[PDB]
Amino acid sequence: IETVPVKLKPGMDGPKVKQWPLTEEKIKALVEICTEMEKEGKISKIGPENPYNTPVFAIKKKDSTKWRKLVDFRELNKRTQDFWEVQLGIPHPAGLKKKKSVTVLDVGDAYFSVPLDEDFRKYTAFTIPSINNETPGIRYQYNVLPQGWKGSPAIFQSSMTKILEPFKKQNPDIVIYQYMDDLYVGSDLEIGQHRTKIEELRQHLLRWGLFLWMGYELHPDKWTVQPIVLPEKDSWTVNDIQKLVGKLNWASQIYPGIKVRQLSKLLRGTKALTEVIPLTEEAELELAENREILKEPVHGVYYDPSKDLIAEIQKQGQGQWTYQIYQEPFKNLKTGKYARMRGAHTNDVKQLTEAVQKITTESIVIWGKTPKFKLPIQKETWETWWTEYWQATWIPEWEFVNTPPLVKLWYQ
Amino acid sequence: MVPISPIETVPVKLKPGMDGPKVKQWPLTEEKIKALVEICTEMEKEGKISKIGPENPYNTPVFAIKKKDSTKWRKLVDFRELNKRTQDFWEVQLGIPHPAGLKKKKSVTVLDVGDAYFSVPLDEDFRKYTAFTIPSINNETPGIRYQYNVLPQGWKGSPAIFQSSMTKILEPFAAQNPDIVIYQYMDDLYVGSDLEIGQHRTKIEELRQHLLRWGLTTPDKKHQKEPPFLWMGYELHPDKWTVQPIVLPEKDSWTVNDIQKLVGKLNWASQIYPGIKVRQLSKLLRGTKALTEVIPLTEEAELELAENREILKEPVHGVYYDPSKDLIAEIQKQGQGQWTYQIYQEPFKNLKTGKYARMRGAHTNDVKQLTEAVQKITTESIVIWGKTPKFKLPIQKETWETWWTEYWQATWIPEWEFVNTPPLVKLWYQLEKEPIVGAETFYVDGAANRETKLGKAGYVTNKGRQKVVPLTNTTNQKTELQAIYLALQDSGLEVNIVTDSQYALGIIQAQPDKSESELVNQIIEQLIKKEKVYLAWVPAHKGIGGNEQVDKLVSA
Ligand SMILES: Cc1cc(/C=C/C#N)cc(C)c1Nc1ccnc(Nc2ccc(C#N)cc2)n1
Ligand SMILES: NCc1ccc(OC(F)(F)F)cc1
Ligand SMILES: [Mg+2]
């Protein structure tokens, strides 16, 4: 009922983005899903007069036996007008990240209840390819708000508010945040109590006519950071001291008051790398003064909503990964390390793809938007494999680091 | 009469802000006009075009062209201007099937759909833009004005609109007859199956009846096209496929042109003929682009050519795909950044072959190239078969594990097994993770004057060993590498090296086994001879001893 008019940005045409190759099982899953969607009126076949395309694939979400259609709308989303008239953008709740439990629901199915503006539908065109291109790819466009599109939460926001209105007044201490196809619900209650309340919310959705049953549990109050820490040792080798001086030199770009002068003095001579050097008093004081500095927050760090977030990741080995989220170099908004390995133990690329998902999630909770990634992987390796491991309903932007960073050492 | 279902028209627009073409009609000879008038009269009778009134402002030029050893004429409309102004369409004809992805068929029949080809209705609102003018005899009358009612040959949207229309009417037949395949190419339909011959011919007749519902007649006659088919540079046979004949010329003198053609043939051949190599021949095309320039063949190119001639000596065929069997991909290193592969299901019968060439860059190694080759084959295989083959690779499992666990980048290759087929890919050196006890420590450094290009490189060690060498025509980065080289050259089998060079660390941490830089190559050669090497970095100008001493020495 009553479509909202949508436009692209001035001077921009719609996306024409190549469909990448899909495995037989993904094609079969999509044929099946789309046949049902077409029957339900969600999508319609299109003709050759529609030149546009956006890539599509299929994923298996967390703990699930069935495929989910995932459209990569990144190009369309850039080309789509921002959303203004009623909505200025919603002030991002700062309390969401402070909650004890945040559960993430996929609410994207609700979007299918709102018709998409008839003039904008052509820009949602997508193709189901055939193996070896032996039959013409199947061409569709959306008749309703598609999952993954920037415009969907914006347009649906009016309907969503009414649906959650009784729940929010009945539960005022709860933060509800919506990003893309996700709904983030925080609470400080006992996890059993938290869960029942999540299911309470689900019923609010279902009763209004309609992967909802799922939930993904976060505990952002437990999220921890990485201050710069220095070794505490009884005996320092020449090599230990060189490593120390190297690490401090790096740190001094972040923290101005850092001094290496006295420590470097210990290095004077030409000495075997493994020889033990006793610290001088001046060296110990300097090291001590440095430790104190490093217990402090970084000076002049601030988030600017008008700037991109940048995320860098280092492979540390043994399934360990470190990462930093920043706007300007050396002013880190967040840092972190992932140890925990869910499968992935023989696969670097699966690990990286999961790190990428966790970092984006953290980014959405804290700032309400996704970072641009600098990935320590070759483009061709990433592009071939990442879709096999992707469980998220959104996708961030990335670029590729081909030169090994020296600073890996110091986030270790 | 029997009612037929109409073909729904595809709505068409000009690009935004653009109007239709207005292009002057060329004068023509009296006989060409007469022949065009005759042609258009007939076309008009068939409903393909209609005469229009004076009010249509649009025009596209029309020509008459000889039948070449016949007396008859054909109408050519030059749609270049209208095409510029016509919207883009979805192009389905990209994504050509690869023969190695096809399934064997007992029977393949061809049907002539040529009468549908020129009869597809054109969107009513767009017709005005197709206006053309037969010039009048002596130009003493107004030219005869026509517009198209059907997709004109040569117009931008005709192939896409004809393809989409045909697919749409074929869909229910395909869907309800899963036991055949149907493919449209130009004005033909190709129908394959495994059916007993009687059942196959029945399917063909049913297809003809189906098409009849849209008024599309196909000739009762037996089509002149039979397997084998010459298609897109291939020969397709019922149970096998190949590339059309590849014959390499003998020449005592070769030009740029002949080399591009030679490389093209070899590239085309490489998808079935195993082991084809283009490296040395492709080189001769570096730079230049003056086309008629004759290039002398290097001995290396001559050898590559001779090797290719041997491979191409007798025909080789690929088999088709059997979905019930695993795909296997095997890869061999050929040298000079070249890799070759075979994809098969049963031993000794390839579906297809192919090659991969090392990417351009300052430094590289075999493991990285092998990995890239694997990703390329993977992607190709997804396109053709919709799945990843199992790989057989000339690299030991232990070598791979040592590589990926220690490499600074995330890296992965899918399910694979070692095949012992020299030359094997191996790690030529690995650096220590910890400083070596009992190993001499070399503090290295180098520096150069950016103006004079004069420099020094050298080292000092914990044993008081020292060297400084004067250098000409060098740079800071080069002297930094030179210093590492000297320490490697002058030390024993185990060595600790301390450098301040972020540049050198960047290169060495990338683990190259080969480089375009002569110096990096010498460094690699030295590393290969060591038992243990620990490379330690420190920041410059910090008063770190032995680094400052050697920095002072080399800074002149
Ligand atoms: C792409 C294609 C080109 C031609 C024809 C193009 C032309 N000219 C004919 C057909 C029927 C097809 N389509 C498919 C689809 C699946 N398997 C096959 N196998 C197959 C095709 C031809 C022969 C033969 N001989 C053997 C097996 N063909
Ligand atoms: N109206 C006659 C006609 C013209 C073309 C046809 O083939 C088509 F399917 F459109 F490609 C089918 C029928
Ligand atoms: Mg120096």
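In what follows, chains are A, B, ... by sequence order, proteins preceding strands, each numbered from 1. Values below: every heavy atom of this structure, side chains too, minus hydrogens, waters and symmetry copies. Numbering of ligands and ligand atoms starts at 1, following listing order.
Among all chains, the one with more heavy-atom contacts to ligand 1 than any other is, according to the PDB entry, reverse transcriptase/ribonuclease H.
The name given to the drug at ligand 1 is rilpivirine. Chains with a heavy atom under 4.0 Å from rilpivirine: A, B. Heavy atoms of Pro238(B) come nearer than 4.0 angstrom to rilpivirine in at least one pair.
Closest protein heavy atom to atom 16 (C) of rilpivirine: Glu134(A) OE1, 3.5 Å. Rilpivirine has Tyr320(B) within reach: a non-hydrogen atom of the residue lies less than 4.0 Å from it. Between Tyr190(B) and rilpivirine, at least one pair of N/O atoms sits closer than 3.5 Å. Using a 4.0 Å cut-off between heavy atoms, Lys225(B) makes no contact with rilpivirine at all.
Name recorded for chain A in the entry: p51 RT. The ligand atoms of rilpivirine that sit less than 4.0 angstrom from a heavy atom of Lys103(B) are 17 (N), 18 (C), 19 (N), 20 (C), 27 (C). With non-hydrogen distances under 4.0 Å, the site around rilpivirine consists of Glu134(A), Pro97(B), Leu102(B), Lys103(B), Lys105(B), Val108(B), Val181(B), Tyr183(B), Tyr190(B), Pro227(B), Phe229(B), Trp231(B), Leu236(B), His237(B), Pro238(B), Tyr320(B).
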